[PDB]
Visitor: 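Below you'll find the structure I mean.
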Amino acid sequence: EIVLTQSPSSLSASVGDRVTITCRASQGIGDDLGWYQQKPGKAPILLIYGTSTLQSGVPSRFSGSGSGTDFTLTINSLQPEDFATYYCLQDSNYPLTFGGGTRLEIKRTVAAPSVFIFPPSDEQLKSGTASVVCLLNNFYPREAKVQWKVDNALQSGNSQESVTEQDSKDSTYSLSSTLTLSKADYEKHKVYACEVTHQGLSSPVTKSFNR
Amino acid sequence: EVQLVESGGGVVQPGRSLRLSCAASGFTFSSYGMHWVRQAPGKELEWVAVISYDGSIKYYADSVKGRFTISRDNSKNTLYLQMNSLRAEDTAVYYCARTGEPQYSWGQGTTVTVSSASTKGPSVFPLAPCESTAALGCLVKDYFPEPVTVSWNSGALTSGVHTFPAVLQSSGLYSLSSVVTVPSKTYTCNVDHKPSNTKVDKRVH
Ligand code: NA
């Protein structure tokens, strides 16, 4: 199939800025490439098709260009409603294929996360499972690193992370890391530490507790 | 106005067959071809199948060829997608799209979840620690299927609340947390899980 390589996967911009989003086909597709906009929980909306042909109703700040293998989406003077995810699309041959997508987020000043660690509740421990939750509250940019240490033993493969959508008020993100152990494994160790690395912190911060 | 309303999505066991339909209104349905496109969780759109206006030409994506069948009933303005031998990979929002030769017009889609999990209410556990701002929350663990809604103090508390997207656990059940920061009062999270008719209020101390 024809593979579309979209860049970048995320982008930071401000209202009134000009944005450029790139998409390259693994082989010639002529001008049969479009651009889609999508927001969480919403169906995609076609903004541009035919490389440069803007669909009816789409603001004129949207425009497409390029032909052959390289294609570009440009948005002049961003508007608050423009922050969303964009995909390129090609229908020159089958199967129809889509780019990786580009999440366009609101750019903001750096904001360090508030870090909290929650021990597993006694109620949950009666069931045989222990969940240790680490919270990174309202930080920016989105990139962060959370490391779990159990008695100074680096943990791996026993945690899951969840990131929220960019906040509509302060434009920050929040993140949760959950260390999952059984009641047996958990009761065999004392200190549970969550170390958070974020460029808003002068140095990584460690939140921990003694069981 | 052009209207496309997908339906039929739901939880289906692996290997079973399911029939998705798409109700079209606002245009001459028998004059346009139609595509099926799906969106797996966290992934981009994936094209599925196409069908000509008269239903004589049908093309399928390799990942669904031999298992899915696309069809249409122009007398009912309804597009169909028959999914056989459903796999876990087939979990996604299935979209209905019209094409012309508005190049593509999409419906809101319908969700399909392939899983052996049985409907199960969530376990609600408190999140308490053990400095001005403090943090509390609730752990909504081991429920199926999506979704769950979490309020705080019956909706009287919304500022500072973060309800994280659920993650799919190895067990096939979903789990999420809801937290809120407060100035260092009573605090109670309200968990709602429609599929199991479960409604839980849990105070946090
Ligand atoms: Na979660």
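The order of the sequence lines fixes the chain letters, beginning with A. Following the PDB entry, chain A shows residues 1-211, kept in their order. By the numbers in the PDB entry, the shown part of chain B spans 1-101, 109-137, 143-196, 202-222.
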Visitor: Tell me the drug found at chains A and B.
Guide: CAT-192
Visitor: What molecule name does the PDB give for chain A?
Guide: CAT192 Fab light chain
Visitor: Just wondering, what label does the entry put on chain B?
Guide: CAT192 Fab heavy chain
